[PDB]
Structure formats: structure tokens, C-alpha cells
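Opening notes on 1-deoxynojirimycin bound to Cellobiose Phosphorylase.
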Protein chains: 2
Amino acid sequence: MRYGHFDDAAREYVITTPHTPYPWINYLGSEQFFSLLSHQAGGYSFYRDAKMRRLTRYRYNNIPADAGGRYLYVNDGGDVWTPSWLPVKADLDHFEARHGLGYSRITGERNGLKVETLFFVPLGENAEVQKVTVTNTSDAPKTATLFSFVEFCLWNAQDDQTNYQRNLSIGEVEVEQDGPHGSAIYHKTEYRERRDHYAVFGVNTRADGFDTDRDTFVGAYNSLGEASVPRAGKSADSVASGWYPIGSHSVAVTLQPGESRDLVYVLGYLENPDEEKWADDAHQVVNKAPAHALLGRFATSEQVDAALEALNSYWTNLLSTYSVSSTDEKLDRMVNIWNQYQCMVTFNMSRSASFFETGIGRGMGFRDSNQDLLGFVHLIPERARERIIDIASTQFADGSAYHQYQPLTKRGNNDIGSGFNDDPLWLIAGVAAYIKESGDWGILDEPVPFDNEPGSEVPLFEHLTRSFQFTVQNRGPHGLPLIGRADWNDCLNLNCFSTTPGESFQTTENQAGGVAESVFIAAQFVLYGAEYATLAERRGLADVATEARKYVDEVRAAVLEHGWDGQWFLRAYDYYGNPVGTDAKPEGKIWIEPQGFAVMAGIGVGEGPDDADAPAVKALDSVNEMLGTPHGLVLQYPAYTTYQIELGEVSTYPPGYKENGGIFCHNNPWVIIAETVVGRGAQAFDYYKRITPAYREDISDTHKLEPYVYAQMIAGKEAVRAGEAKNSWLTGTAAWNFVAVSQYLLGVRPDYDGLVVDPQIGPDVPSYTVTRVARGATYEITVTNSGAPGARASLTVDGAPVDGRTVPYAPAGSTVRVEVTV
Amino acid sequence: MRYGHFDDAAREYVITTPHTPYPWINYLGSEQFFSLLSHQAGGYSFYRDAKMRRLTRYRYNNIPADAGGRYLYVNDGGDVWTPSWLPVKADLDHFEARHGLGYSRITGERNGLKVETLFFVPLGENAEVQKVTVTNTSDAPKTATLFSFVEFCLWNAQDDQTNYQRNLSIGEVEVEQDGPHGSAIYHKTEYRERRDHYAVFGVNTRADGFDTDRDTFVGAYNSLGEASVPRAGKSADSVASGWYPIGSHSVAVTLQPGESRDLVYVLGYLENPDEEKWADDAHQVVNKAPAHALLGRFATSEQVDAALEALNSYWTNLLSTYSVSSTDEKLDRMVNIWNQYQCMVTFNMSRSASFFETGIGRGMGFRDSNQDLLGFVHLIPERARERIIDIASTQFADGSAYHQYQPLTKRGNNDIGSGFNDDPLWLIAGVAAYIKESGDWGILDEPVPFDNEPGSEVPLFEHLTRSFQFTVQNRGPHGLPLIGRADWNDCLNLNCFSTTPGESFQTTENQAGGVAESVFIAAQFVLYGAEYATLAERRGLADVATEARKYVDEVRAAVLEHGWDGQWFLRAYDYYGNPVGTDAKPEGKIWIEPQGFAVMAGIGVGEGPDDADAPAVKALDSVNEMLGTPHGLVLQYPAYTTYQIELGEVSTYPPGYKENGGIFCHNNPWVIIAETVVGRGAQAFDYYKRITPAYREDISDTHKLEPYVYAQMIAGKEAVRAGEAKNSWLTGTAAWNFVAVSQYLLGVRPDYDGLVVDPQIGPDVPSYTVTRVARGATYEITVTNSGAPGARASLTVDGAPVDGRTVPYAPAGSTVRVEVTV
Ligand SMILES: OC[C@H]1O[C@@H](O)[C@H](O)[C@@H](O)[C@@H]1O
Ligand SMILES: OC[C@H]1O[C@@H](O)[C@H](O)[C@@H](O)[C@@H]1O
Ligand SMILES: OC[C@H]1NC[C@H](O)[C@@H](O)[C@@H]1O
Ligand SMILES: OC[C@H]1NC[C@H](O)[C@@H](O)[C@@H]1O
């Protein structure tokens, strides 16, 4: 089963039926303004922040799913339909939805009218634009009225959906039928008070009618599928006062056979300095200058196509830094297009707003946005540079950090907990990755506040020493790091012991004391402590570097002395000091996280893939056997079947789901990289294939979700629904697979001083070429690959043989041809 | 005009069309279990706490409104319909909804098949019961299938609405097709862990089939109104695993012409003690003992009827305590049934869960639940007694309090703000009212903790002294009480100065300092300090009482000096000591709260109703001219047309709505009572009628909301929607209007030592009789009423002339006959 196909030439996914297993979305915009856009035009838009500045209302968990978006009702001689199929569900002669990069196109044809909508967010603009083309595809003339429709949200999404006792009375709008480029509608709830911003809804022609009151346009007792106004065939010209404000214009068109007409709609977010808030001395009329400039920049189809061409170019630019041409076009489309696109989206959204993330509780995660950085640095480094400052700015002086920050304000909060002891180290991971990529050492000197305190600024590097010190100065009785609230795994709450239902494990108070330690954070420390060590050394900090190395080696000794179960790695010591993820317990015998990560840190590695005696190999073989499924690798085994009070949230999920035996795809790339480390490329590629969008399109009815982007979790072998994903789009899997495949499978990764070429992918990719731009030079890396296990590359550069696998960076401007033999 | 009518004998309101102006609801239950039920079976049910143990999902702001409740899909030969109309919307031959006391009947008939559901919550039972009666009305034998449907919520409604990322994976059910009395379905999400409760949907017969998974039942791309399973005619026997759990049973019926059948369905809430959660060693199967028992008690129709008779007897004898017979039947039905009914509801719910209050943020409001008491103490005083203890236990040692408390835990919180300086005195009001009613002086001796601290208990009376001292020790420069965040008027935030959009006025940081005082709190102090002094006096605290009246005298003097604008009472002094509520200003010249409240406390009363020199008469006329509308009195005049940054939230509402120029019904009865005090019965009675459900039934299309219960706000003169209510059901209006009418218009009101009989209703009720049980005696009060302005009663009691208007309380069991002449 498949519901559409990739089109590589156009960089689109093409959906060919509306009857998908679930709503399938694209993210529009990439700067400050965003739209979630389903293949039925469902979703919503926000400026910068989904909780705080949401422009349009969308209902999660509606019946049916995704009824509510940017609809255009067509009334053709009494018959009413929508080219997005939903909400009217009228029969379509032709239907198509194409999700592209920063844009989508939805086309729907019925009874001789074809309606095509191009949705996108233009570069530099805080607006969503639709170019709608109506074509008469019959033998006879046609008259039709089109009704645009969109539903306003009242800005604060939290208040929107809970605070009716107030907010049913505050909705305001202005209507401008005779504006400079056509008709506009103004949503300005609370602009009267503290908001310095409003939304506009406009079309590039003088409208026949409008409507701004939902109840009037839809009618008592009706769903959107049955809206009264389009059925009536004419707008009611409703002005909202309180209740539910909408945006809606009506446009009657007449077409001869084969003729078409373009309509351009803009939903825009505008601000005014409060000096210029009002058109009038009495402050009753919003100043509309910005709104008229916006509509004037999109008054014509030529203007639209120009912006769309510019957007195409920007993508081409972004995607030119890394790419691959091989014999496997599923690999190719992932590395060249889809995975990098996702990374851009995750860098932007973190984990706040998907069709599963509700854009309310979660803002920008510390761990989440640091990790995303690893997949974003090659794309736009200047923006990664800024983001690093932003994250570091929510760090506390003692080295710990706010678990997340509010995107609109950049100020951290505790809304989803505090005291995650793995957080602080990810800062070093982000910065290491960024420096390797850019070589912009001047970042370590950037002055950066603690918890945004002005006056408190220290150099970035110093922030890093705090992170490093935090874990140094918080170790338990085996010398493993103290776990605190949780580690990378939010659901392993060893300091919790909750028996009060309905209070969240992420926010509920924690027990002081006990001796709970994390093998994960230990691994984490070994990996990133080495990065930190290497940066101390380079900044000329001799002794700090020597000291850092001593600690790193201690934590590594500890992992091997106290963190080893026999055939795999322990996960943790609980509050009482008892082992977790041991063969001693009947459930939760083996956990994936420390297996993946300890091996990337190099802990327990023998002298080859064929050294059955190395902890690293045993670990991965236990993982292979206990954790392996056709759909990826489950998190631990067996899943817990009763509530384990000492472990927190983990055993609260039914077996096979989320952290209780789900495939948490995010951690699969840790094993994939681990495998290349021990030199079993063939299997690392296997693993990559099980979870990767292009390899799973074939089972779209099983995966259920978008077949072009990774999801956070795939139901595991203990789940009745084994193989079905949830929480698509917004996941660290994206950036971690990008790292995995671009840098470890195919082998091309920047290091401090040169570019490493270390293919480890096994025989299924016998030959490829990578074009990598680094430090302004193009590297053309041409690989011949036997994929023999353990075999490792040798290189020639411009005709000359060199040693090891690191090509010192060539000056900017140069092209450097690398011949690779594995 | 009208959409149904009252049925006085049946104690029901009868809705005769499904096409009402807005969903009109009833509240089932009066103990700890509750159901919101619209006249289309829409709504939901919870246990104790609508945020925390919500059994069934419901969507606010759904398109259409109210698509979601308890549904019975009838499939008659392929043709599908619902007797609630919604969701399916088939044409009915007849429809009817009867809203009764603690139950409702909904009937729909279509093509020879009449389905009547009776809904209710039984006494002592944590369940909602449906007695379905399907009757063949054709002259031929008929066959059909019935599909019951309820949608489960995941207990924590806030989480349910926001946290899909977690909760889509924790839905969990059990199916019991062959239990002891029929088929049952068990919703058991998170019973696996910390929840000791599950839910049951069962029917008193063995069902042909079942469904527990929403998507299977409803179908993809379908709304409730197009549910797949009913249309297919067969259940699908789905066993939910995560996603959306539902309860549904199919039962096949066959009816001879004129024959009928009863099915009994039960939605119950059960709990096991910990050592009894599981049926099995393994802990995978819920112990069903409690649910078998519940389903057992509703196995037959006879048991249903009995429980309904018992519920009818509970209402008859709650309503025996206060009753009127008069020449105005609208007044009678308000007093004898509806106003009382509503007070039970408010007492139970505070402002927590309506079809407007979403049952998330609001719990049991300190201010609101104290005021509910005034209208509830005569119904079940023991429970009022408990409520005072619960409330007072959330007070702090300085006499300030938590603004509200969480219903499930009874522990106070700051979720909707802290430091509202009007809060503390309300506690005196409630306790005064309780003691006048019952004479249980021993309550002042009840030991009561502060903010629930073990060891902090003082007697209830000391809590009273802390509230009294809070105002005396928190006066500002004019000798008026400092205002804090706000007083009774939540939107008057004089210590705010907010420019940040998004942040709540209720919940944002206040400015330190400034000299902001409330005239309202002054009037409140004068009234309730007087009652405090009386509580001192009875307890022998003459030095406390003496000193207390001193302050009352001081504060009273300060209202006349510094709180008088010339023609009416000043509202406040802002952070800067500027008058607020003055004729000097262009907007908000006169605010209604101080006018009713001051005069209720006697401030500015003179010769009587025609002492034009008297401030109180000056004040009340101003109210009449400047605030009056045919729909009630508005809060201030003129409304604010731009943001007044120094007043807080009030100027943020568009003119005419809520606190900014809406009719805030809660405060009209202050003015009613005020007029009866001054002696203007006619105007008092006129103001009563402008806002009373009975008197507004004739303008249902304009009021839009339930015509049998007080709403919170009716759009005022300055709104385009003038006359349209919002926020029905949950409002202090119910308590305060019952006080007004039962106690000051009709004039029968308990005092500490006897029953005060002081009619002041004017000429439109020339004669009436009140029946009143008070401390175990029955007073039969016959009233002959001239209505002459200023004219007040003289009584003869059991044949004997008596002095003044107080009848000292007779023994328990006596019947005292009081003949009243005004
Ligand atoms: O707060 C975010 C966390 O919520 C937990 O309940 C989920 O199981 C985790 O997947 C997630 O990391
Ligand atoms: O927190 C509850 C309060 O919210 C405010 O926004 C409303 O205007 C008030 O009417 C309400 O009392
Ligand atoms: O708990 C595991 C994983 N869950 C999903 C969260 O977004 C991520 O931060 C966390 O690491
Ligand atoms: O003025 C706000 C007023 N209405 C809304 C609240 O229910 C009540 O507590 C308050 O007194």
C-alpha cells in the first residue's frame, strides 16, 4: 500500500487521494512565520510562537480529524464543494496534493471546474499566501461563486480554548471592502489594549461580499461541511461582535471553455509601533499602512511567481552544501532533500507544534534545540550561531538550565519540569558541532548572560565549563553522574515515587537524597567531556584540559567497572542503589540508550567487528537480538507490565508504546553510529533502513503517518499496533539520522582542522559520490566501496596519496577531488 | 418569543423544539457526581472535580456547538437517526426535551418508532443512568438496532486537551459482553498505575455487539452525525488500544404494534482500595466487584423508577423550607422551584464547569462559594456547615486567603490570582448567614486550620477575627480599605500597569506601593463588620465588639467624607490617589457596586424614600437614570472606549460586555435590596423582573440562553448585542436574587433571635402567603400589601398584636400564624 509518490525532480511528495490513513502535513515558512498545512488544507498559522501569537484556530482531536483549515467553497449553480475535499466531502473527478519545500499545491476538480491552490509563506514575509487558479475544463460557459474561509484564533491559544467566560466577548474585526488592492478583513482582538499587532485577510480584487462571523456564515446546527452562506450562494456580510471571528470573501467568476482566472489571498501578521497604532485621534481605527504594503506586495500573479521562484532558489542554495549521488535513490532522496528539509523544520519548531504537539506546553527545548543543531549547522551556520547564544542564555550560573524557553520571549521556564541532569552537556555537543562545521572559534568569546540577567555575561566557553563542572561535581557512589529529575529519557524518574494520580511526572516534586545514577549521562560525559577537553586545550587552557581529561577517564573507568551487566550496559542505579536494565530483573532487562551512546564514546571497543569478546560487540549483539524489529529498535525489553514505582513514568505506558517498549526512533541513530564505530557498516545501514521515510513508503498503511518525514515513535513488538508511528515531524530522529547517514554511513564529517572521509556502510551501496562544501571549499568525494566488515577507507587527494582519513581544509575558493577506497 | 414552556406541577421546563438559540442544559446530581446535559444529550460527567476526574470528553467551541454527548443511534431498516436530533439531524415526527429537577427526559419519534431517554444521577450513586423507552407507534410490527454511544475522557481534562504526544498511547479498555446483568465496557486508562478508579458503561441486557474504539465506530473522515457502525447496522466489536476510547453497545429490538421496551444504561465511577484493584495475580484485569454491584442496582426498570421517586422526594422536601403562593405565577415559579434549584447547583459547582466555564482553571472560589451559602443555607444547612469549614481552612493566619481551592483536594491555589482584598470579609457574610438560619452558634467554636496546616487550628470565630483585622489594618490615606489585586470586581486592577500582551490581569505581578483604595470594600466592611461585632457580642467579647463598632463607625464616616461624588458613591482611588468613578471623568462616571452596597449597609439613608436630600436616594436615582435598561442595570456608565492602563482589565472589554458596561447580574440584587432598604418596593420589584428567568421567557430569542436560570452577564446598552446573555447557570446572581426576593421583597428573613417579616415589594403583589420552616417551626405568613411607598409591616401573631417586625422563634414542631399588614 501507497497513497502517493516522491517526485525527485520537483522536490515534492505527491499525494493522489485525499483518503490517507491520517492527515499529512507540510510546514510552510522557515524564518519567523509558520503554517501547518495538511493535504486537505487543514491546520493553522502563527508568528514565532504557537502558544502566544496564533493567528488561526485549529482543533486537535476533532471528529473528523482535520476539519478546519483554509477552505474555498465553490458554488457552481447551486452545487457546493471544496477542492480540498474536506470539509464538504463532495465527489471529485480529480484530486491531487503536492507538498514541496516551503510550499504546497492542492488541486481539486468537479463538474467542469478545476480549482488549484498554491499555499506558501514568502521569504521575508509574515504571511501565508494562496494563489488560487480556477479553470473552466468543460465545453460550455461557467459561472461560480467562490468563498474563502479561515477561522481566527484569539492569539493566546491557551486562553483561546479555555477562557470563554471572558474571550467570547472580546472578538473584534474591521472590514475593508474598498482597499487599495482589493478587499481585506482585520482581526484585531485586544489590539484595543496591550497587543500592538493584528491579522489581515485579503484578496487581490474587489469582493462581492464578505463575512466575519462564524455563526452567520456556517449557520446554527451546521458543521463546516454544511456552511449556510456558500449554500445560499451569497455572503451575508456579517460583522462579528464577540463570538467567533472569521475571514471570508466571496468572488463571482465567469469563464468560457478552457479559460482561467487567478485569485491571490494573503493572511498576514502585522505590527505597529504604538505611536502609530491608530488611524485616528480617538484610537478606534487601526492603522492599516503595514497591511496595505503587504497586500500590495502580493496584488498580482507575477509577484507571487517571483516569490515562489526566490523560495525555490533559497532551497537550492540550502541543499547545495551536502549531497550524494549513489545507486540507491531512496538514500539519495533522503540525504539530498527530505531529511535536510525536516532539519530546517525541527530547528524552527523544536517540539512545540505538530499535529500531535499542541503548541501550548512545549516551547524550545534545551536538550531538543541543542541536538537539532547537529543537523542544522551545515545549512545556515549564522542562524545556528545565534541559536546557540539563545540557548546558553537560559543556562543558570551553577551549570544547570531551564529545560526550555518560550519562543516569543527567549526566556526559560519550568512548565515541563526542571533538573534534567543530561541537559547541561548537550550545550557542549551543539557548540562542538558548530565549531567543527564553521571553524568560528570567535563564538567561544561571545559574552552570554546567565538566565538572561543583564550584567551577568561571561564568555560562551565559560558556560561550557559550567556544564562540564556540573556533572563533575554531581556524581554518585560508583562515580556515575547523578540522574536528578530524569536524563535523556524523560520517563525514567528515579527520584519520584508518585502515588497521586493525575499529577505529571515531569512537574511533580522530587525526593531529595538517595543515590540514583545514570549510565547514559556517564556515556554522554565521556563523549562531550572529550569535546570540552579539546576546546580547553585549543583556547590555551593547558591545565583545565589536563584536569578535564582525568575526569573523563574516571567516568569511563566507572562505566566499565560499575555500568556493565555481562552482555550489555546497565541503564542506571535507582534511588536505593539497585541496578536498572540488568538480566537480574524479569522486565526491563536491556535498555538501548547506554548501548548506543557508550559505544559512540568508544567505551568497550575491541580491535574489530569480529572481536566477539569486546563489550561494545556484545552490547550491540544483545541489542540486535533483544531489541530488534522489522520497524526499528525498541527502547527496552521486556516492556514493563505493572507499575514500577521507583522508575517513574516509564511503566505507566502500555507495553510497546512510547518509552515502554516503543521504538523511540531518536535513539536508533545512536546504535547506527555505534555500529559504524565497531566497523559493521552492513548492519548500521540495515538499521537506518528500518526507520527511514523512503524505505517505509511501501508500508504507508502500517506506518500511518507522513511517508516523507521521520516520527518520534513507532509502536514496538509488544504493541498490538506494532509498526504504527505517532508524533511525526517534530523529533530529534531527523537530525540524528542526518548525522548518522551523512557523517558515519557515507562518512563525510567536519573535524576541527580538516574533513574526515570515513565510509562505513557495507556492500548495499557499492559506489557513490558526495559533494560537500566546507569552509567555502567544495570537496568532491568519489567512493568505491566493497563494504567488507572492518575495512576502512584510504584516500588520494588531487592525485596524491595521503594517510589516515582526514583531509586538511583547503583554502576557500578551491575544489578538492578525493578518491576513496574501502 | 418562546421555545418551550414551564410545567409548574411537574417542576419541569419543557423544550418543544431541538432548534433552540443556544444549547440549553440541566445539571444532574447534587452530591459528588455530576452531569452537564443539554437538550440534545450533549455535555459530560465528572466526579467531585471537573478538571480532575472527568469521565467523558466534551468539546467547547465545536462546529456545530454541542456535537458530543450521550447518543442512541437507531437504525430502522437502514435508515439512521437519533432522538436527540443531533448529531444525525434526521427529520423527526415529534421531539421533546423535559428538564426536571435532577433529571431530564428527551423524546424523539421517527417513522413509527418513539425513543424516550430519561437521564439522571441517582442519590448516593456515582453514576448517570438512562432509562430508554422504545415504543412502536405504527400499526405494523417493527424491528431496529440501537447503538449507544459515549466518548471517554482521560480523567485529567487539561491533559486530555493538550498532551496527545503522551496520551494517544495510554487509552485502555476492557470488554465484558457476558457480565451478571448484561454487557459492560470498562474505561481503565492509567489504572495500570496511580489511579484507583475506572469507569463503566453498561446496559441491562446482553448486547449483540459492542464498540470501544472511536475511529472504528465513527469511520474515517466522518463526523458523529455520519457514524459508520450505525449505518452499517452492525457493531464492529473494536477493542481500543490507545487513541480514542468510547462505550457503545448494539441492542436489537422487535416490537408488536403499540408495544414498548426499556433498556437501562449506566455510566458509573468506581474505586477499589489498593489491595483489591486486580481480579488476577498478574495485575492485568480490573476487579469488577463495585461495578457489578452498581449495574446490579440498576438491573431493572423498577429499581430505576424507585430511585426516581426517591429523587422526587428529596426535591419536594428540600423545597418545603421556603414556599410562596401569590397572585403572580412567574414570581411563584422562580421562588418555589427555579431560583432554589439553581442555588443547589452553584453551591455544588461554584464557577467551575458550565457550557461556558470549561472546568479547567476555576475551582471552588473563596468569594463565590461564601456567597453561594447565602442562598443555600436554608436547603441543607449541615452541608453548608461543612462548606464553611472547607472554605475557612484555605484562609491564611493574616486573614487573607487563597482565592479558590481545588475541588478534589480542598487545598487552596493561585491559578486565577491572589491578594483580592474583598475576599476575607465574605467569610463573615457566609457564617453570619449560616448562624441566622440555623442558630448553630457552636460553629464559632469549630477548630479550623490555616491553609490546612496540622497544628494551626483556631476556633472558626478567630478566623473571623483575622478577616476583620485584615481590613482594619489595611486602610489607606482616606481611611478606605486598600484594594490589592482587585475587590469583588475582578477587572478593577489598580496595582497592575500592564503593557505586556498575553499575560493575564488576574494572574500577573502587581506593583508595590501606591495608595489605591476601594469604596466597595468599605461598604462591605461596614455591613459585615457590623455582623462581626454581633458575633463578638453574643460570645461575650464586649471589648472586641466595642472596638469593632468603632472601626465600622470610622470606615462609615470615611465613605461619607471621601467616598461621595455629589450625586452617587465614588468607586475607588487609584495607585496615585485619583478618584475613579467620578462625574469629573469622561467615562465610568458612576459604577454600580458601591451604590447598592453602601445603601445595603445603611450608609446615606435619611427620612425615608422621599428625602431627596439623602445620599442613598441621590445615589439610587443616579443608578436608575444612568445605568438602567429594559434588561437590567449595567456596571458603569459610560463604558470605556480606550485602554485605561491604570484600571487594569476592565477597559479591555469592548463597550457593553462583561465588566465594561455589561449587565453583571450578580450586582443588581444589591440595588434591589438597597431600594427596599430605602423603602421603594415598586422599583425594587421592577429591577427584579428585568433579570429574572420567568419574566424573560417571552424574549428567549433575545436572551438566547436557558430561560429558567439566571446568567452572569447580559449585554448592556452600549453593545450591538444589547440583551444577549452569556455565562448561564454559574453565577452569584442565583444566591443573591434568592436573598433579595425571599428575604427583602417578600421580606421573610431569619435573624439571630427571631424571624424578621418586613415586606417591601410595592403594589404589584397585593396579597401573598409565604410558608417558612425556621428552627423546626413552620411560620404561615399571610400578607396584605397596599404597596404604598415607604410603607412597612405590622404583624399580629396567633391572634395577638405584636411590636415591630420580629417574631421570636417558636419551639420545634409549632405552627405559628402571622397575619401581616403593609
Ligand atoms: O514532557 C515531555 C515528555 O512527556 C512524557 O510524558 C513523554 O513520555 C515523553 O516522550 C516526553 O519527553
Ligand atoms: O478569573 C475570572 C475572571 O476573569 C476575568 O478575565 C473576567 O473578566 C472576570 O469576569 C472573571 O471574574
Ligand atoms: O523521553 C525521551 C524523549 N521524549 C520526547 C522528548 O521531546 C525528548 O526531549 C526526550 O528526550
Ligand atoms: O467582577 C468579577 C465577578 N464576576 C466573575 C466571577 O465569577 C466573580 O468572582 C467576580 O466577583
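In what follows, chains carry the letters A, B, and so on, assigned in the order in which the sequence lines appear, proteins first and then strands, with residues in each chain numbered from 1. Atoms within each ligand, like the ligands themselves, are counted from 1 in listed order. Values below: all heavy atoms of this structure, side chains included; hydrogens, waters and symmetry mates excluded. Per deposition record, X-ray crystallography, 2.7 Å.
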Can you list every ligand or chain that belongs to 1-deoxynojirimycin? ligands 3 and 4
Counting only non-hydrogen atoms strictly under 4.0 Å, which other chains reach 1-deoxynojirimycin (ligand 4)? B
**Asked** Looking at the deposited structure, what residue and atom does the covalent bond from 1-deoxynojirimycin (ligand 4) join?
**Response** none
- Query: Which residues from the surrounding chains have any heavy atom less than 4.0 Å away from 1-deoxynojirimycin (ligand 4)?
  - Reply: B/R351, B/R362, B/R367, B/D368, B/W488, B/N489, B/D490, B/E659, B/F664, B/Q712
